[PDB]
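So, a structure with methotrexate in it.
Residue numbers begin at 1 in each chain, while the letters A, B, ... track the order of the sequences. Just so you know, these numbers use all the heavy atoms, side chains as well, and skip hydrogens, waters and symmetry mates. Indexing begins at 1, ligand by ligand and atom by atom, following the structure's order.
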2 protein chains.
Amino acid sequence: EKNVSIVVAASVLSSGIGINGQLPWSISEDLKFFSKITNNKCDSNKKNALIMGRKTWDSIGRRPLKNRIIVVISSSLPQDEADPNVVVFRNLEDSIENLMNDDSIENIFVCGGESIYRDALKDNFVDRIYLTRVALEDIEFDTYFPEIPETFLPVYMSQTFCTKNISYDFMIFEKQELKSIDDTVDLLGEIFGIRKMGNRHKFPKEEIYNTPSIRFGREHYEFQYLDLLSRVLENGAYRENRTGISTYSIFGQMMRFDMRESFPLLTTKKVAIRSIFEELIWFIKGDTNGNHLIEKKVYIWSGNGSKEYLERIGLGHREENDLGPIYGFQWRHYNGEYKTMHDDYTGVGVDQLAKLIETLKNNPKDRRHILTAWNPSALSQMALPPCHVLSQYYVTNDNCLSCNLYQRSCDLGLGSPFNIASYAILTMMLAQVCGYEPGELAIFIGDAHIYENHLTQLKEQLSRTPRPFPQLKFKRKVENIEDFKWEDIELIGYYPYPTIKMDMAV
Amino acid sequence: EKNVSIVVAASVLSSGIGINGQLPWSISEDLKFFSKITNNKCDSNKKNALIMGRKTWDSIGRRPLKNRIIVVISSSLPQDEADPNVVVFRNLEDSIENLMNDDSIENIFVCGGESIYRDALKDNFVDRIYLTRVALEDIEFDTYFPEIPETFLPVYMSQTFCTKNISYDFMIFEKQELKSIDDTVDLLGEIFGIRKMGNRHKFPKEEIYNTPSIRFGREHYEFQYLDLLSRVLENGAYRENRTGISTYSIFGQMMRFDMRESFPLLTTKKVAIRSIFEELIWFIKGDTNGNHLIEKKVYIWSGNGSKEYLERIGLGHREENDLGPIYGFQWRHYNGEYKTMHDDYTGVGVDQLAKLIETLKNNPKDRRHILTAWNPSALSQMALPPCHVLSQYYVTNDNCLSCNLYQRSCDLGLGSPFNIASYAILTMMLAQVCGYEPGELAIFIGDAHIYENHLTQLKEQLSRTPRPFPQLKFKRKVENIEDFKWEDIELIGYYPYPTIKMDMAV
Ligand SMILES: NC(=O)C1=CN([C@@H]2O[C@H](COP(=O)(O)OP(=O)(O)OC[C@H]3O[C@@H](n4cnc5c(N)ncnc54)[C@H](OP(=O)(O)O)[C@@H]3O)[C@@H](O)[C@H]2O)C=CC1
Ligand SMILES: NC(=O)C1=CN([C@@H]2O[C@H](COP(=O)(O)OP(=O)(O)OC[C@H]3O[C@@H](n4cnc5c(N)ncnc54)[C@H](OP(=O)(O)O)[C@@H]3O)[C@@H](O)[C@H]2O)C=CC1
Ligand SMILES: CN(Cc1cnc2nc(N)nc(N)c2n1)c1ccc(C(=O)N[C@@H](CCC(=O)O)C(=O)O)cc1
Ligand SMILES: CN(Cc1cnc2nc(N)nc(N)c2n1)c1ccc(C(=O)N[C@@H](CCC(=O)O)C(=O)O)cc1
Ligand SMILES: Nc1nc2[nH]cc(Cc3ccc(C(=O)Nc4cc(C(=O)O)ccc4C(=O)O)cc3)c2c(=O)[nH]1
Ligand SMILES: Nc1nc2[nH]cc(Cc3ccc(C(=O)Nc4cc(C(=O)O)ccc4C(=O)O)cc3)c2c(=O)[nH]1
Ligand SMILES: O=c1[nH]c(=O)n([C@H]2C[C@H](O)[C@@H](COP(=O)(O)O)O2)cc1F
Ligand SMILES: O=c1[nH]c(=O)n([C@H]2C[C@H](O)[C@@H](COP(=O)(O)O)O2)cc1F
């Protein structure tokens, strides 16, 4: 009685694995993963058995794999005894004799075609599943991986990796069938009610924990957002705010995202990337005219740019969508005497973005690459105080650009995905203009809150198992950071779950 | 063969447990912990045995404990059979008969005096140790807990709790005698070198992990600092900076600290708390004169206030210790035209601190309680740009004041403990002025680095097992936040390891 694992690489949606007798992709790292996982063994005097169909045996050139015994399931291939590393069996059930006799086999790997996977799961011989999800779906398939039965549960999901602009994941599925520390902590929590800090940050209940079966393998960095969602649902205090829509809020959280091998755009919900880019390039250009965003069919600043909202916050003198000195005005004209959105501020104010770029490419090991938007003097003139307040940038020894962001208030339903994608795109732009590669993105959140009219929606978003991140590439290298256009961005391999409508609280 | 656990409450240093036949403290929560841990049982048809000496049996009033069988070790007490909840044994070895016969006993708890603990450990009958460390040491003891033998290792250390201004801990010691997920992650790390984000944040090696035996029980929040120290030692990239002393640096980290039941002042090193307080009140008063700190025998700002350092950074015109518009000038006079440290700036600039207090006590549920020190216009005039750049404050539904701090650059050897204690004291001051209780302190670090001249020292600090946090109390309620004086602070139960000299990099 030894272990049996199905090793497979399938597409993310349709679960296709092959086309015309070959793989529908060329990912060398996946072959390396196959080689390393099939050579995994605890005994040096034992080999691992790789069961495969005849057509798969043809796909590998009918040659043996080193340090492994290949078992071909075929009703026509002659049971050749010349090659000791390859043996042929007439059916799959008879091939499962390594459990009974043949003690020189330690682990068994089912890695054949659809005709092998299907009746290896049907006969219930499989204990584990090493699945490699690949983000290709607009191509042609003819061989698919069967839907994983409900008897299996996912226990691990790696981060998203990139190869030839193709995104891919790694997942493990298992066949589901020291307590003293836990008991002492539970007793100490029963004693001190909310005096033990652990009770103020309770672990989220399973009913609001996205993919609860993945406990110790939450490597995919979209979990940095979903687990924050769950923590707010679990420990969020019901509080009122400036809007009539109350929220559930907690304080002091963080999220990490990788940008070397992927792009942190959420897959559990289709995110409007064009509006994000237009807002970001609007910031970079130094503009505060909301009509310029509305003309480009982007209405995220319409709620805070209506005449009624401006007269209500005491800015009735201001023009329709003249938002005042906000994001992008403090970036390019910090401490500049603001008049209207039509004046020419070229020259006035401290151009933080230009100095940031100059410092990033002239003195990388510096610790002062800081872009601030919090200006106490101009706060009263703002239509909305800065939410993403502070940002710091960092150059690694291998010429990568990482970014930290401190955000005073985060609306996890609408503001958070936009902030993640926006600062990722900004880091990528800064890295290209300065000549670096994108690094990591850390977002530090003060007041992380969920509006109460989003509870039905966000819960739905927590019911969707995450898919690998897409890739974001630039079609041309620009000379100045302001020269970016929407046509320059290529979004590759983004297959998210359907969009989830949520109303903005004005 | 069942489990045996020594339950004891001892002082942190001398390990005293009693005085003149009674306890040297009255901590009700510890008695509740005793009651809950000795009644912990998996079988309802079984009782737990509590072994104690005769003098301890006298200390509990010679009355039985509910749902438990008390075993008194005494050579004089008559073996009375009237009370079924109390039994007398002549020696400790004969009392260890519940292992052989008497299957109605599930767990055994050694809870006697020094004379029982010593030869319960000497005879090696003890499997576990539930130790309650109490931070009282300037009192009189007459009964001590023996030094825990090397066969035991700590596996858990709770957070610091407070009762009657007394700090205390909870620790567990044990007698030392799914792998697929780990193997898959190791293989994925072998494939992608530093492309897998996990490899850029490797888990610290045991040789640089403070108290490595405590794996799953690092609850004490001084570990939030020691684990960051270890992570910098593990993943720190060797980088140069403005000073000749190079560092090992990483980017994007955080630390959490509780302030409801303790005070985050490091115990692994004696920290000069008075200098921290004097710097903080110097900030609050709006001062930029380094001579005011030097006159109070505080020399932390002498390196950045020397004539040579000012002439080197291009401020040779400036006076001796005139540091320029820095912390506390941006707090009280933001965007204020700075001249020298002798002028009267009362009135000019935006008083961020006053508005902060006003917003904290007039509009608590607000999300804009923000104090910034990063001013791009005044950066050139500063002797040293702000390290603790931004701070946000938050009022919970139970009227507690929590604080987030973003620090762009952190010197984990000298700057970090000072920053932790300083912002803790500042949060407590704001809480008293606004009428709240202290909450939590979250510190977010951008460039967390360790100077190479501190490597010998900090490693030493990582060899010291943490002791419970102290308490910090105020002797009087002040009318204005600037009225605090050093004589108003009482530091209770601070018993740190000896101080570790480390040179500041100018
Ligand atoms: N992405 C991935 O992880 C993998 C993808 N693939 C791809 O899949 C494609 C090929 O797979 P597939 O089309 O399913 O073909 P198979 O690899 O499953 O091989 C099928 C052959 O195996 C024999 N066989 C199958 N079932 C039985 C049975 N119940 N009893 C006896 N013999 C049996 C038959 O051989 P015979 O006719 O001689 O009797 C049959 O022709 C290729 O593109 C390949 O590259 C393959 C492996 C892994
Ligand atoms: N902080 C804490 O967790 C605890 C503190 N304490 C404190 O400690 C103090 C008391 O402890 P302590 O001074 O050590 O006294 P003990 O509680 O250990 O009791 C000692 C008695 O136990 C009997 N005894 C001990 N060893 C033997 C032996 N080898 N053979 C036969 N009989 C033995 C003797 O009784 P006899 O003379 O009758 O033969 C002896 O006088 C008190 O202040 C108490 O409150 C007590 C428990 C817990
Ligand atoms: C056609 N085929 C089937 C195949 C391909 N990709 C897969 N990918 C996955 N994730 N799982 C599978 N079962 C799988 N099977 C192949 C093709 C090549 C090799 C192969 O040459 N493996 C080398 C790997 C060498 C390398 O590139 O470093 C080895 O050492 O095993 C294996 C199976
Ligand atoms: C003198 N003595 C010995 C004593 C006291 N404190 C300790 N504290 C600790 N952490 N560990 C011990 N072994 C210990 N032993 C005592 C004194 C009172 C009770 C007691 O009354 N316990 C009640 C507690 C009831 C309560 O106040 O909630 C119980 O239900 O067990 C026990 C032991
Ligand atoms: N309170 C409050 N004030 C705010 N002021 C400015 C913002 C920034 C901001 C971000 C996003 C939106 C939005 O509506 N985003 C979308 C979400 C989805 C989705 O989730 O499926 C689909 C489409 C869109 C879209 O607009 O294309 C609107 C504003 C903001 C805020 O976030 N909160
Ligand atoms: N690079 C660089 N520039 C800096 N400019 C200003 C600072 C702030 C600052 C904090 C602390 C000290 C110090 O020396 N602190 C002590 C530490 C210990 C100890 O923990 O052993 C014991 C005593 C003292 C003490 O002075 O009483 C000196 C400056 C600073 C910095 O931190 N780094
Ligand atoms: O990028 C943004 N992210 C974000 O989360 N908000 C939301 C947070 C909050 O719901 C609202 C501001 O409310 P307040 O000003 O009171 O913090 O804006 C706004 C942005 F522009
Ligand atoms: O409160 C402080 N905290 C702190 O960590 N530093 C350290 C961080 C760094 O070692 C140095 C700042 O120099 P630079 O900004 O050039 O990195 O001072 C200084 C303070 F005043």
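The location of methotrexate, copies and all, is ligands 3 and 4. Here, the chain sharing the greatest number of close atom pairs with methotrexate (ligand 4) is referred to in the PDB entry as Bifunctional dihydrofolate reductase-thymidylate synthase. Other chains with a heavy-atom distance under 4.0 Å to methotrexate (ligand 4) are given as B. The source organism recorded in the entry for chain B is Cryptosporidium hominis. Within 4.0 Å of methotrexate (ligand 4) on heavy-atom distance sit the residues B/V7, B/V8, B/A9, B/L23, B/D30, B/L31, B/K32, B/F34, B/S35, B/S59, B/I60, B/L65, B/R68, B/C111, B/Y117, B/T132.
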